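Notes for the one structure printed next.
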Protein chains: 4
Amino acid sequence: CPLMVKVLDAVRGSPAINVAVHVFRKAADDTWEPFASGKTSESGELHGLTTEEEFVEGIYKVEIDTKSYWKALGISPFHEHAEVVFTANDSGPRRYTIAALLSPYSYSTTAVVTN
Amino acid sequence: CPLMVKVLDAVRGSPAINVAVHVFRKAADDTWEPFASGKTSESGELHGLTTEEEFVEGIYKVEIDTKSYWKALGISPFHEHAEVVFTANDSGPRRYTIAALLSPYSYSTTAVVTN
Amino acid sequence: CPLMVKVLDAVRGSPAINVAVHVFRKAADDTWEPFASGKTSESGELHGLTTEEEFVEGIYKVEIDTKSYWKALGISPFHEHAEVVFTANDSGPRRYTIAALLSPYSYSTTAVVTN
Amino acid sequence: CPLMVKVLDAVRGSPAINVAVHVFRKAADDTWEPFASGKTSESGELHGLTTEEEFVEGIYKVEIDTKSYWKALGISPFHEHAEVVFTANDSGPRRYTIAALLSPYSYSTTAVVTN
Ligand SMILES: CC/C(=C(/CC)c1ccc(O)cc1)c1ccc(O)cc1
Ligand SMILES: CC/C(=C(/CC)c1ccc(O)cc1)c1ccc(O)cc1
């Protein structure tokens, strides 16, 4: 599992469950090609998006569907989603954890990169 | 000024100066059209992006070029840029401030919407 | 004004207004002595806390009464308050801005130190 | 393990390892009594601070020694430490995760509370 996404809810103080996540990879044509997608678990975590083989060098965009999350909770948020865009594996394979903390008018994200 | 962007640097404890910022508006074909742009001032602020007349309801993307900012500082960054995507909605008089706090491997953004 | 505090609300997307803020300075017996206090304005800002003459080097604690703020809004909070503890150091001319972003179960704070 | 502390480094994109953490509990006299302490592991996590029996109702302060962390890395940070102050177990025993993300001039903290 070279790519994991973890999402917490800053209003409730809990994992953000059932959050849709889409990952895209920039193609030769400079367009965003679909790469992988999933939904966070009861722990707010999304594993198994990809494999070491598939997760090649490239520029990736992780889109976390925060709007759908807030609206399912009956709340009208500010952002359409939270986006994390980064070059990956440029110096060899790494394991990436993309963590995001959500509030209706704000989000914060950080990356943990390990060898 | 219905739209303002403010960027701070969490490493140096200072405004993030001379940071490039691009704003796009979503078009009917779902593509992103350039809408406005600029560079943050010595106070980390970017004013004068647009006018009330131009800033109609719609979906907007604010891209903050954090990678270049960190590069100019000799610091190794994670993200290509920071992205803030939101719908602008006409609910009485509203000024939008997009604030972003930058670290090499993390960013945090909030919106302040006031009358 | 060598010391300014600014507080924003991540739930409502607005300045955090009328928030009580207490500043203490560490005394020789390691106790915290009241130093300055106030309430944030309609812009979420608290100015006029101290003067250059009074604001000498030392260790300071800024306590932001977030619990009361959330209570006044009918929202259930986690923290008793938000605390920012720092040493003030005379390195040329310096203004300190303590910024805090509030959510019910989270807070984020940064310092901006400018000349 | 009703109390866990997790600390990440926003400059390096990694767990913050070997960070000292002290927990205090407010006593009848309104003073801060030492409650527990430890250091984060290679994963940035601190488990085993306390037990369900010892972790009674009360107001707790978790002090994360961010200054010592940054200085050990040869960096001069702004904060003396990061403090998280909260009432715990007021409606029965809960499990608390206190997460903190560190930059030299900024920190962000959130709580996950589960039943
Ligand atoms: C506290 C929100 C904030 C910032 C500065 C961008 C912020 C953003 C995200 C965080 O996690 C913490 C602070 C800010 C907003 C308006 C200002 O004039 C100054 C600062
Ligand atoms: C401290 C980073 C973090 C979070 C929670 C997503 C975070 C992210 C950004 C911030 O500004 C503050 C906290 C987190 C990472 C791994 C976990 O298992 C739990 C929490």
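Residue numbers begin at 1 in each chain, while the letters A, B, ... track the order of the sequences. Order of listing sets the numbers, starting from 1, for every ligand and every atom in it. Both backbone and side-chain heavy atoms feed into the values below; hydrogens, waters and symmetry mates do not.
Here, the main chain in contact with ligand 1 is recorded in UniProt as Transthyretin. Looking at ligand 1, one finds the drug diethylstilbestrol. Those other chains that come under 4.0 Å from diethylstilbestrol (ligand 1), heavy atoms only, are B, C. Measured by non-hydrogen atoms, the distance from diethylstilbestrol (ligand 1) falls under 4.0 Å for these UniProt L-thyroxine-binding residues of chain B: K6(B), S108(B). In the entry, the organism recorded for chain B is Homo sapiens. Heavy-atom separations between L8(C) and diethylstilbestrol (ligand 1) include at least one value shorter than 4.0 Å.
Numbered from 1 in the order shown, with element, the atoms of diethylstilbestrol (ligand 1) that lie under 4.0 Å from a heavy atom of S108(C) read 11 (O), 12 (C). Short contacts between diethylstilbestrol (ligand 1) and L101(C), defined as distances under 4.0 Å to a heavy atom of the residue, involve ligand atoms 1 (C), 9 (C), 10 (C), 11 (O), 12 (C). For atom 18 (O) of diethylstilbestrol (ligand 1), the closest non-hydrogen atom of the protein is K6(C) NZ, 3.4 Å. Within the 4.0 Å heavy-atom criterion, the part of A100(C) lying near diethylstilbestrol (ligand 1) is the backbone and not the side chain. Using 4.0 Å as the cut-off, no other ligands or ions neighbour diethylstilbestrol (ligand 1). Atom numbering of diethylstilbestrol (ligand 1) starts at 1 in the shown order; those under 4.0 Å from a heavy atom of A99(B) are 6 (C), 15 (C).
Binding site of diethylstilbestrol (ligand 1) at 4.0 Å, heavy atoms: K6(B), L8(B), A99(B), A100(B), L101(B), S108(B), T110(B), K6(C), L8(C), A100(C), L101(C), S108(C).
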